[PDB]
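Here is a PDB entry that includes acetazolamide.
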Amino acid sequence: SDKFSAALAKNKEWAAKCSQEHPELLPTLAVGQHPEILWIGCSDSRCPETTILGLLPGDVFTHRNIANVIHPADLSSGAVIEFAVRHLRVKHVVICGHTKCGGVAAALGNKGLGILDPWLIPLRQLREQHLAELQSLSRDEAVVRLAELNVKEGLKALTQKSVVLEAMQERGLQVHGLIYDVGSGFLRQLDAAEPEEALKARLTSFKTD
Amino acid sequence: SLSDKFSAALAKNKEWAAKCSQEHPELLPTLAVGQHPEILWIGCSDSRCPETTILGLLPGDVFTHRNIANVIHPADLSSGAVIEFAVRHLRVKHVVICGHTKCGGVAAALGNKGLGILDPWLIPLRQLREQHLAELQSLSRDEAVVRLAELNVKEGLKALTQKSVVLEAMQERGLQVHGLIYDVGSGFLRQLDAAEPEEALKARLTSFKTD
Amino acid sequence: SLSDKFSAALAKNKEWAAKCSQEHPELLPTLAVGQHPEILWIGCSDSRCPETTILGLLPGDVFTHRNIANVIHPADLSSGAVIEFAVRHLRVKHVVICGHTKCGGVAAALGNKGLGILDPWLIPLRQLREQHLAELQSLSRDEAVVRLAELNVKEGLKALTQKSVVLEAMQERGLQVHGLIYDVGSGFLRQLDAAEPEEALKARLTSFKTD
Amino acid sequence: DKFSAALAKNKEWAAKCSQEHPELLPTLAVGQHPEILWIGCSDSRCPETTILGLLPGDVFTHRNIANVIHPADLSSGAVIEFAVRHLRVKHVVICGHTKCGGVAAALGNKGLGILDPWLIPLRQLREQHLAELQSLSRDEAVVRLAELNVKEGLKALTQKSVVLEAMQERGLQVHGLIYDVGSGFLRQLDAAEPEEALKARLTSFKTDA
Ligand SMILES: CC(=O)Nc1nnc(S(N)(=O)=O)s1
Ligand SMILES: CC(=O)Nc1nnc(S(N)(=O)=O)s1
Ligand SMILES: CC(=O)Nc1nnc(S(N)(=O)=O)s1
Ligand SMILES: CC(=O)Nc1nnc(S(N)(=O)=O)s1
Ligand SMILES: [Zn+2]
Ligand SMILES: [Zn+2]
Ligand SMILES: [Zn+2]
Ligand SMILES: [Zn+2]
């Protein structure tokens with residue numbers, strides 16, 4: 001069965017249902033978006049943000065990439081963060097990793113993957129830093145642990161951006177780390193504690209005028 | 001409201017997980033064994049274009065990349081890595097590039113306001129604006145936004161087919177590529193005609209196919 | 001030891017520092033006060049194209065960026081940051097893009113061997129190969145390398161003039177841009193004619209100059 | 001006109017070079033075999049071939065603002081891959097310099113447009129070493145951050161499989177230098193890392209055969 005032609009038919013059925021059951025929603029969204037959440041998650045087909053959050057179109061500004069990696073100088077994630085934080089003024093930035101992330105699993109192996117190798121470098125940087133801890137775990141346990149370390153490192157890379165530090169001080173922007181369990185459907189919050197003195201050093205080092 | 005949208009979203013997630021356990025208890029545990037999506041979706045980050053919702057599909061159906069204005073920069077590692085993985089490893093049957101009506105990324109490229117880090121990101125849209133300037137200036141402002149959104153999807157399909165991994169999959173298994181526009185006002189997807197002369201793809205094969 | 005090129009280079013550095021102190025004792029201390037180069041050079045990393053040597057110039061004269069095959073990716077931060085700094089802050093009067101004969105980067109783009117991380121880097125040369133394929137196929141292999149090297153310089157000058165900082169400097173203070181080919185066999189630089197129809201530069205100004 | 005003057009000086013240099021090293025340019029035309037890859041600053045005061053007292057063909061060169069190695073940068077990535085795997089250079093040199101205004105800009109808090117994402121790695125080092133940098137004078141902090149940047153660059157360089165392979169297979173060496181723009185001297189940084197550091201890097205980054 002052609003999944004593309006099947007998807008177009010299901011789109012038309014969904015759009016007609018939306019007109020019947022929430023007739024104001026799509027026309028009000030056409031006037032302009034006002035999402036309160038920026039979601040940075042994995043491209044993994046099992047992590048569709050709006051479905052797993054039980055939300056609607058217009059609720060979640062979304063960036064998805066392999067293993068939800070934030071490269072500090074990546075223009076793709078950089079442009080979405082600039083737009084979502086400065087222009088849409090989202091109240092929340094969520095970084096969501098997930099269980100059974102094959103990107104994280106690839107980083108724990110040493111098989112050459114072409115253009116994927118430079119993309120996964122930040123996961124291999126965390127692997128080197130945390131090697132003794134990761135080697136003490138089973139492969140399945142290491143995949144969860146490195147997925148968590150990657151979310152926490154992402155929150156650090158996110159808060160190293162002046163536009164985020166500005167929004168946190170000016171209008172109480174909040175940032176959050178999650179792990180999605182692909183087997184249960186539950187989001188879990190990471191404790192993601194950093195000393196107060198961590199954000200002070202970051203403000204000094206990264207906030208610009 | 002007075003409601004924290006983050007804590008409200010976690011509560012709704014638990015309600016959705018409860019519904020999955022009650023109505024389709026096999027689905028999430030079978031997906032945890034491994035994904036097998038047949039579709040790679042490259043679309044806009046715009047909150048109004050959630051691919052799995054608007055396609056009426058489930059988790060596991062759509063491998064997804066979303067960025068500002070669904071732009072494919074040829075040497076971007078972010079889109080590059082997702083295309084390599086989806087095409088070579090997951091062996092998707094379809095790559096969809098979906099633009100949308102009222103794309104403010106496309107609209108920003110038709111303006112000349114300095115937007116900081118967004119300026120280098122939108123360069124491919126300004127390249128299309130320069131190439132098609134006479135055509136775009138002959139339209140109304142709102143028609144030029146729709147037209148540039150279409151040209152951007154078509155240019156994205158060209159950038160996509162400049163990748164050896166995609167040309168190989170098109171030859172080896174008839175991987176298909178599709179250009180769509182999402183109408184944020186109606187919820188309908190429409191297909192772009194997106195024909196290219198045969199001699200276009202032959203020159204591309206010669207110029208970009210790699211061992 | 002005596003065959004180590006690195007320890008030999010450090011010894012030659014100390015000999016060069018001694019020569020500077022003996023022959024031009026004011027030069028290095030006056031440069032330490034601040035640089036004022038009038039030229040930004042964008043050239044190939046090729047060991048045969050050291051800009052300051054081949055121009056017969058001194059330290060402080062040439063602000064320099066060198067990469068594989070002197071390629072300007074429009075959204076590359078590495079070349080982007082050097083252009084912003086050289087044009088807006090140092091206020092260079094000249095931006096030079098220098099290609100060269102026997103550029104193996106240009107030759108690699110005319111081949112179809114997979115080269116790992118070099119593949120995405122060379123995409124702009126394969127874009128030119130696809131656009132100019134009939135012309136390149138009508139030439140010998142060696143002539144196609146020279147022609148693609150020239151097209152690459154000219155395309156770089158286009159990418160350079162798509163940047164508002166360059167367009168601003170050209171309009172406000174007569175910044176000039178130049179395309180060169182370095183002949184690695186003779187040591188001579190030759191200028192490329194690099195003329196563009198008037199309507200080309202007007203569309204670029206409209207599409208890329210910031211308000 | 002500095003540009004037309006430079007083209008005239010080029011022609012004079014090429015004619016002189018045919019007299020003084022009559023066969024050098026012709027040997028160069030048949031191919032290049034440099035033994036050194038130089039990664040340095042774009043600063044007009046740091047021309048590698050001049051300050052090393054070397055000739056064309058001796059130094060494969062990459063220069064960027066503040067000699068920064070972004071791990072997933074294709075520009076520096078492509079030159080390292082080509083120089084190490086194809087030319088088989090014996091030495092990779094990362095050269096920082098005194099009075100580097102790129103390093104100085106990272107110690108400031110002015111917004112600089114497209115320069116901001118480029119300088120993030122220097123601001124990462126500033127945050128990590130902030131107590132040490134704040135304890136120094138302005139001019140001493142610039143020298144210190146320039147040194148930390150070279151050392152961090154050598155770490156990013158050795159996180160690349162192509163470099164780790166060459167070090168193991170053929171004793172490729174990597175070196176950190178600071179160029180003094182006022183004296184003309186290169187000095188070597190001690191750049192010591194525990195043995196356990198390079199073992200974790202090999203485990204985390206070297207691609208399987
Ligand atoms: C090599 C590689 O990237 N493998 C992946 N496996 N799953 C991935 S996911 N969770 O990003 O879809 S990526
Ligand atoms: C400056 C800029 O990028 N503006 C945008 N407006 N909407 C965008 S969208 N459709 O990508 O959400 S981007
Ligand atoms: C594979 C590849 O890139 N080959 C090269 N040959 N010479 C180059 S040069 N002129 O940039 O040094 S690049
Ligand atoms: C803001 C900025 O980049 N300023 C610079 N000053 N000197 C530089 S150098 N040493 O790279 O030429 S960069
Ligand atoms: Zn994943
Ligand atoms: Zn959009
Ligand atoms: Zn070259
Ligand atoms: Zn410098």
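Residue numbering restarts at 1 for every chain, and letters A, B, ... go by the order of the sequence lines. All ligand and atom numbering here is 1-based and tracks the order in the structure.
Taking every instance into account, the structure holds acetazolamide at ligands 1, 2, 3 and 4. Ranked by contacts, the top partner of acetazolamide (ligand 3) (the one with most) is named in the PDB entry as Carbonic anhydrase. For acetazolamide (ligand 3), the other chains with a heavy atom below 4.0 Å are labelled C, D.
Of all atoms in acetazolamide (ligand 3), numbered sequentially from 1 with element shown, those under 4.0 Å from a heavy atom of D:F60 are 12 (O). In terms of protein heavy-atom proximity, atom 8 (C) of acetazolamide (ligand 3) is closest to C:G105 N, 3.4 Å.
Scanning the protein heavy atoms around atom 4 (N) of acetazolamide (ligand 3), the nearest turns out to be D:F82 CE1, 3.2 Å.
If you number the atoms of acetazolamide (ligand 3) from 1 as listed, the ones under 4.0 Å from a heavy atom of C:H100 come out as 10 (N).
Proximity to C:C44 (heavy-atom distance under 4.0 Å) selects the following atoms of acetazolamide (ligand 3): 9 (S), 10 (N), 11 (O).
Heavy atoms of C:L115 found under 4.0 angstrom from acetazolamide (ligand 3) belong exclusively to the side chain. For acetazolamide (ligand 3), the atoms closer than 4.0 angstrom to any heavy atom of D:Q32 are 12 (O).
Neighbours of acetazolamide (ligand 3) among the ligands and ions, at a cut-off of 4.0 Å: ligand 7 (zinc ion).
Residue and atom in covalent linkage with acetazolamide (ligand 3): none. Nearest protein neighbour of atom 10 (N) of acetazolamide (ligand 3), counting heavy atoms only, is C:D46 OD2, 2.9 Å. For acetazolamide (ligand 3) and C:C103, the ligand atoms under 4.0 Å from any heavy atom of the residue are 10 (N). Close contacts between acetazolamide (ligand 3) and C:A69 involve ligand atoms 11 (O) [criterion: under 4.0 Å to a heavy atom].
The binding-site residues for acetazolamide (ligand 3) (non-hydrogen atoms, 4.0 Å) are C:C44, C:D46, C:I68, C:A69, C:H100, C:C103, C:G104, C:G105, C:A108, C:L115, C:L118, D:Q32, D:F60, D:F82.
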